[PDB]
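Data first, discussion second: the structure below is written as structure tokens.
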Amino acid sequence: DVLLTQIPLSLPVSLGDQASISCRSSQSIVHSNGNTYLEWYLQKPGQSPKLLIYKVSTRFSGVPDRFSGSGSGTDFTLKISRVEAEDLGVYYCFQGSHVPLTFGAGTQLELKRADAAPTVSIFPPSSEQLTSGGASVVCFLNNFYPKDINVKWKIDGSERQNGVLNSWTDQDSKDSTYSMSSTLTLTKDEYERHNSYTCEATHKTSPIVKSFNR
Amino acid sequence: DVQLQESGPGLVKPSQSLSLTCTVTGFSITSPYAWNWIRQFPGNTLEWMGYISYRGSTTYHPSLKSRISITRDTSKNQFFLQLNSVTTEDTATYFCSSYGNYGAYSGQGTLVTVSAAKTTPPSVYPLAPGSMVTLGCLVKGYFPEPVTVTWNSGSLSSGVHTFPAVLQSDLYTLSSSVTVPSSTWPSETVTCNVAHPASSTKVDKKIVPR
Ligand SMILES: CN(Cc1cnc2[nH+]c(N)nc(N)c2n1)c1ccc(C(=O)N[C@@H](CCC(=O)O)C(=O)O)cc1
């Protein structure tokens, strides 16, 4: 199978910047008719991927001139001469020259900004959930930048990892920050075995700590 | 003018087969060159499943060839996808697309969930704390995806984070946060509005302190 290597996978940019994405083919993608079916797609969130460039350098209908494709053999490049607010999303390269037809892993074109520490909020289980015999402890690590932040749970001085469910949001369109939710899933009985519940935002010292006592 | 519209069931039981329809408008499926079926896995990678040409000959992803069948109805201007012995690993957003000398056109895509799980509404719980104040909503144990979360019918959208759903074990769970000034809460009403269309539910949970 033809493997497509996209370089880089994450492209941090400022509006107005010149951007370049590379697509490296594991083998030649020249079809038996001499044509190279190398395509570039842009996927915005919620939307389906939309064609930008096909046959290496042909711009699709409605595609601006700031988007251009080039390359030969195993190295293909998508260039964005001026990054606009509407150009943000995930870029994919695709080859249709050999079966199976294949895509690259996707390049996230993301907005740069200054580092931001998260806002940590901890929530004891609700009385409504306790009545059902369940006790979920929820923590939010909101509006941080870049993705370099983690969660750490401590229950009465001991690190907790089992029963922890984490989810990260995409880059926020409001301020270019990321957010994450961490839920410690316990039964009412498990929750009653412990007193002090601690949620921390960690970095590669210094953590942002939130806690409550049962 | 050109439109490719996917249709079919959103839920399929494991070992059963998924069937999807692509309804084409704007031009004929008889126009060159290929009429594709593509899938995008949860938060993921894209896979070209196969295509039927303008002349009716098929080309499949070798790994799917034995389970996959792409057919067409030239007079209805539709093409079809059949994927047989389905696994939980077939859960994806399925799109139909076209390719030719003009480039490519893509449909909007529909999520097809492959699970043994049955339709369950979520349990919605308020999250009140123990200059700004963060409140939340826990939307637990629903099936299938999706749910929609709004805060005060949308007037609070500015300081809202609705986190992606996680699957455990065969049910989905999500949370949503809202941050408002300390002046606004508990003095004024903050309500979390959750809708799960599949089970026809619409719940409104108010955030009450202590
Ligand atoms: C090898 N490819 C298949 C191919 C290429 N890129 C794709 N790109 C996408 N997005 N999807 C599919 N299915 C693709 N399939 C391929 C080869 C030759 C013709 C072809 O002969 N095209 C025209 C005209 C050929 C010509 O230029 O004379 C025809 O009408 O037959 C099309 C596609």
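The sequence lines are taken in order and lettered A, B, and onward as chains. Following the PDB entry, chain A residues are numbered 1-204, 207-216, in order. Note that chain B is numbered according to the PDB entry, with residues 1-130, 137-216 shown in order. One-based numbering, in listed order, for ligands and for the atoms of each. The analysis underlying the following values was restricted to heavy atoms, covering all of them including side chains, and did not include hydrogens, waters or symmetry mates.
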query = Which named drug shows up at ligand 1?
reply = methotrexate
inquiry  = Hey, quick one: which chain has the most contacts with methotrexate in this structure? I'd like the name as the PDB entry has it.
reply    = Fab ADD056 Heavy Chain
ask   = What chains, other than any belonging to the drug, come within less than 4.0 Å of methotrexate, counting only non-hydrogen atoms?
value = A, B
query = Heavy atoms under 4.0 Å from methotrexate: which residues of other chains qualify?
reply = A/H31, A/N33, A/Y37, A/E39, A/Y41, A/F94, A/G96, A/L101, B/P32, B/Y33, B/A34, B/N36, B/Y51, B/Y99
query = atom 25 (C) of methotrexate: protein heavy atom closer than 4.0 Å?
reply = no
message = If we count only non-hydrogen protein atoms and require a distance under 4.0 Å, does atom 11 (N) of methotrexate qualify as touching the protein?
response = yes
query = Distance below 4.0 Å between atom 5 (C) of methotrexate and any protein heavy atom?
reply = yes
ask   = Looking at A/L101, which atoms of methotrexate are within less than 4.0 Å of one of its heavy atoms?
value = 12 (C), 13 (N), 14 (C), 15 (N)
message = Yes or no, since that's all I need: does a protein heavy atom fall within a distance strictly under 4.0 Å of atom 28 (O) of methotrexate?
response = no
query = Any N/O of B/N36 closer than 3.5 Å to an N/O of methotrexate?
reply = yes
Methotrexate atoms in contact with A/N33 (distance to a heavy atom under 4.0 Å) = 18 (C)
ask   = Is atom 32 (C) of methotrexate less than 4.0 angstrom from at least one protein heavy atom?
value = yes
message = At less than 4.0 angstrom from any non-hydrogen atom of B/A34, what atoms of methotrexate do you find?
response = 13 (N)
message = If we count only non-hydrogen protein atoms and require a distance under 4.0 Å, does atom 21 (O) of methotrexate qualify as touching the protein?
response = no
key: For A/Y41, the methotrexate atoms whose distance to one of its heavy atoms is below 4.0 Å   = 10 (N)
Numbered atoms and elements of methotrexate in range of B/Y51, under 4.0 angstrom, heavy atoms = 13 (N)
inquiry  = I'd love to know the name the PDB entry uses for chain A.
reply    = Fab ADD056 Light Chain
query = Judging by distance only, is a nitrogen or oxygen of A/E39 under 3.5 angstrom from one on methotrexate?
reply = yes
task = Look up the covalent bond partner of methotrexate and give residue and atom, or none.
result = none
query = Do any non-hydrogen protein atoms sit less than 4.0 Å from atom 18 (C) of methotrexate?
reply = yes
